[PDB]
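First comes the structure, then the notes that go with it.
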Amino acid sequence: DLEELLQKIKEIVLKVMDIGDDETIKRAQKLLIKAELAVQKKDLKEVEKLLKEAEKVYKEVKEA
Ligand SMILES: N[C@]12C[C@H]3C[C@H](C[C@H](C3)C1)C2
Ligand SMILES: N[C@]12C[C@H]3C[C@H](C[C@H](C3)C1)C2
């Protein structure tokens, strides 16, 4: 499930790169790198948190 959550994070980062401004893109790219590190550490709770964070960042762009 670590890897699958990382996939969902990557999918959202792609959507942010498609519609977000460059500051939001940098925020999402840092989130992705953090998520890769958390996967490597097998820190499932952190990967779950970063997915919620990505969902929120994206929702806010999409709804602005
Ligand atoms: N302006 C930027 C373009 C691209 C995405 C992001 C980080 C780097 C590379 C600089 C913003
Ligand atoms: N692995 C990366 C994919 C993409 C380009 C670069 C910076 C970010 C976004 C993480 C390497």
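What you see of chain A is 1-64, where the numbers are those given in the PDB entry. As the structure lists them, so they are numbered: ligands from 1, and atoms in each ligand from 1. Header says: X-ray crystallography, 1.5 Å.
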### Query
How do the PDB entries name the drug found at ligand 1?
amantadine
### Query
For amantadine (ligand 1), which chain gives the most heavy-atom pairs within 4.5 Å, and what name does the PDB entry use for it?
dAIT17
### Query
Can you find a protein heavy atom closer to atom 11 (C) of amantadine (ligand 1) than 4.0 Å?
yes
### Message
Suppose we measure from atom 1 (N) of amantadine (ligand 1) to each protein heavy atom; which comes out shortest, and what is that distance?
### Response
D22 OD2, 3.0 Å
### Task
List the source species for chain A given in this PDB entry.
Escherichia coli
#### Entry: Closest protein heavy atom (residue, atom, distance) for atom 6 (C) of amantadine (ligand 1)
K26 CG, 3.8 Å
### Message
Can you check which residues touch amantadine (ligand 1) if I set the heavy-atom cut-off to 4.0 Å?
### Response
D22, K26, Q29
